[PDB]
Asks: 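Before I ask anything, let me first share the structure, which is written out below as structure tokens.
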Amino acid sequence: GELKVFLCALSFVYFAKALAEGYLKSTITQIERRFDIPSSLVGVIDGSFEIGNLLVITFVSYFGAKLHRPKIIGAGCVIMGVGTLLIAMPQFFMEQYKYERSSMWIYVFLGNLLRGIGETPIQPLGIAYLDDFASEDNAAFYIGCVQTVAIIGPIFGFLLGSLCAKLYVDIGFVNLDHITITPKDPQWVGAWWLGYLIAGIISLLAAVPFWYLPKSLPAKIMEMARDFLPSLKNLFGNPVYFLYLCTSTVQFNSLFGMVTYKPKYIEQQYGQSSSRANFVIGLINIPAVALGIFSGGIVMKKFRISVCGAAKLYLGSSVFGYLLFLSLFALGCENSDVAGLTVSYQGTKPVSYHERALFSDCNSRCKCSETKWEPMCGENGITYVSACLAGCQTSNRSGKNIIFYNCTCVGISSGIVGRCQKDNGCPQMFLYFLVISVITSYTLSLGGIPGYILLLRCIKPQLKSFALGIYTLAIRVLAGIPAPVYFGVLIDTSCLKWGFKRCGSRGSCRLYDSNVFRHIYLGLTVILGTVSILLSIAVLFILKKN
Ligand SMILES: CC(C)CCC[C@@H](C)[C@H]1CC[C@H]2[C@@H]3CC=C4C[C@@H](OC(=O)CCC(=O)O)CC[C@]4(C)[C@H]3CC[C@]12C
Ligand SMILES: N[C@@H](Cc1cc(I)c(Oc2cc(I)c(O)c(I)c2)c(I)c1)C(=O)O
């Protein structure tokens, strides 16, 4: 009936917003390159969405509750689509991309800001509506379906990003027969704008069903303004709601931190390429998370689980997920031998901080750059920071490979390009890591829908959307924003070799200490998870008491 139609429309809106998010994440680097803006303005573009979302989420979730919720959702979709289309606008006004053979970025800012605004009503009003009119058993399953869509959607955004990056930026504007560069060329820019047009159109189409959906299923603003403060105290005077908010905030501090640096952990700890890390996370781990969320919804529906049972399932999923995550401490690889950083040039195992001599006797004759990181794998099994630092004098191109010779440090003499592959059982450790991380992701996500149901049922019904708004504001502000920052700071304390930008400032870290990285990355996650587990126990105790 009308409830099923609303569920389908909300699922399509979730898909549209997720696809836009994925495409934006895939193309932000191309946008930075095309517009010739510094990384600070790139972070500003990425953060305009969040400014827009956080500034109006509370107002929308509170006042929109008594209004026509389907129509507010449709208006939000329209604003989302307009903002998405605004990002592609500068393509139609800037000059042709000239490659070696400026103020239009504000639009990219403004459009993203509109996206942040247009997303705000979708979750608080959409879920509350779903919870108001579905039967008690079916609500959890419907919410699970919607959240599964939200989890899976960005993969399509990244696929569209790749497809549009395969096309030239000035396609349709310029004859392509006069262009001598290929996607492999570093000067190539893809059709970044095309995906924004597609996503904006999809978002505008997503708004259409919400103008035919009813407000309810089987002066006032000034009066809501007066009751705003009493309603806030009602939500935060509620102990189950407040403690579940704290529990979720701490658990998401753990989870955002773990997820953000999981690709880098895979690449650094297990010697995998960035592409392989992204493939295993996006194509294996994310489906496991989606399956966990959906199965939590299924379990809530099938066994008619109550609020107390939902709290128990949330606690159990957290407990067993973090216990499984503990086993990752034993799946560790040792540091690869890097001359001067992890080992000395004589092949002696780990020197200390006070012994990091990028220059040695075997490379004193050569004037090599310290800041440059062009690692090569020598025949001796020791990785060197650069071929110059090994005294390599001749280089020959054999097929797709480049081989150095007469490398004095190696002979204490050939070397190929890249880091030496990790040999002693590290691929097996990485396979175990993959299996355990997939299982852990599924197990942790198995409690996602139960906690959501706990939040929705612990409060008086008329506050649902408002509570959902506040929850969303909390997770974003107290977990989503801060956790990547301080996780990054603590992890970067394990850096052995800093990359340097053209201005002399530090760039991305090139070599980490594997043991310190593993300890920090896993321990911070587990400690936050343990705090969350204790808070969840408190939530369960109060639920039993009341
Ligand atoms: C927490 C934040 C900071 C990052 C969240 C990680 C994931 C949600 C995202 C980030 C990078 C994304 C991946 C990077 C790009 C790709 C390639 C993309 O297209 C391809 O398969 C490559 C095509 C080609 O070979 O050219 C498929 C999805 C995937 C794995 C993405 C899936 C979703 C990922 C893992
Ligand atoms: N920009 C996105 C980034 C993001 C996506 C997912 I999906 C996610 O959820 C999980 C949970 C577990 I457990 C995992 O192992 C993995 I991988 C992802 C988290 I946290 C963050 C967002 O913030 O929504």
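The numbers used for chain A are those of the PDB entry, and the residues that appear cover 40-140, 184-300, 333-526, 534-667, in sequence. Both counts, for ligands and for their atoms, begin at 1 and track the order of listing. The figures here come from the full heavy-atom set of this structure, side chains too, leaving out hydrogens, waters and symmetry mates. Recorded method is electron microscopy, 2.3 Å.
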Asks: To what macromolecule is ligand 2 bound in this model, taking the chain with most contacts, per UniProt?
Replies: Solute carrier organic anion transporter family member 1C1
Asks: Help me out - what's the drug at ligand 2 named?
Replies: L-thyroxine
Asks: Nearest protein heavy atom to atom 6 (C) of L-thyroxine (ligand 2): under 4.0 Å?
Replies: no
Asks: Give the residue, atom name and distance (to 0.1 Å) of the protein heavy atom nearest atom 15 (O) of L-thyroxine (ligand 2).
Replies: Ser562 OG, 2.6 Å
Asks: Please report which non-hydrogen protein atom sits nearest to atom 18 (C) of L-thyroxine (ligand 2), along with the residue it belongs to and the distance in Å to one decimal place.
Replies: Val373 CG2, 3.6 Å
Asks: Going by UniProt, which numbered transmembrane segments of chain A, first one at the N terminus, have a heavy atom less than 4.0 Å away from L-thyroxine (ligand 2)?
Replies: 5, 7, 8, 10
Asks: With a heavy-atom distance limit of 4.0 Å, tell me whether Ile400 approaches L-thyroxine (ligand 2) through its side chain, its backbone, both, or neither.
Replies: side chain
Asks: Which residue holds the protein heavy atom closest to atom 22 (C) of L-thyroxine (ligand 2), what is that atom called, and what is the gap in Å?
Replies: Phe370 CE2, 4.3 Å
Asks: My question is simple, although I want it checked carefully: is atom 1 (N) of L-thyroxine (ligand 2) less than 4.0 angstrom from any protein heavy atom?
Replies: no
Asks: Closest non-hydrogen protein atom to atom 11 (C) of L-thyroxine (ligand 2), residue and atom name please, with distance?
Replies: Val403 CG2, 3.9 Å
Asks: Please list, in number order, the atoms of L-thyroxine (ligand 2) under 4.0 Å from a heavy atom of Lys376.
Replies: 15 (O), 17 (I)
Asks: Looking only at N/O atoms, are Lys64 and L-thyroxine (ligand 2) under 3.5 Å apart anywhere?
Replies: no
Asks: To which protein heavy atom is atom 17 (I) of L-thyroxine (ligand 2) closest, and what is the distance rounded to 0.1 Å?
Replies: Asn399 OD1, 3.2 Å
Asks: Could you tell me if other ligands or ions lie under 4.0 Å from L-thyroxine (ligand 2)?
Replies: ligand 1 (cholesterol hemisuccinate)
Asks: Extract the binding site of L-thyroxine (ligand 2): heavy atoms, cut-off 4.0 Å.
Replies: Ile233, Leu369, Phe370, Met372, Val373, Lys376, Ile395, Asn399, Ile400, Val403, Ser562, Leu565
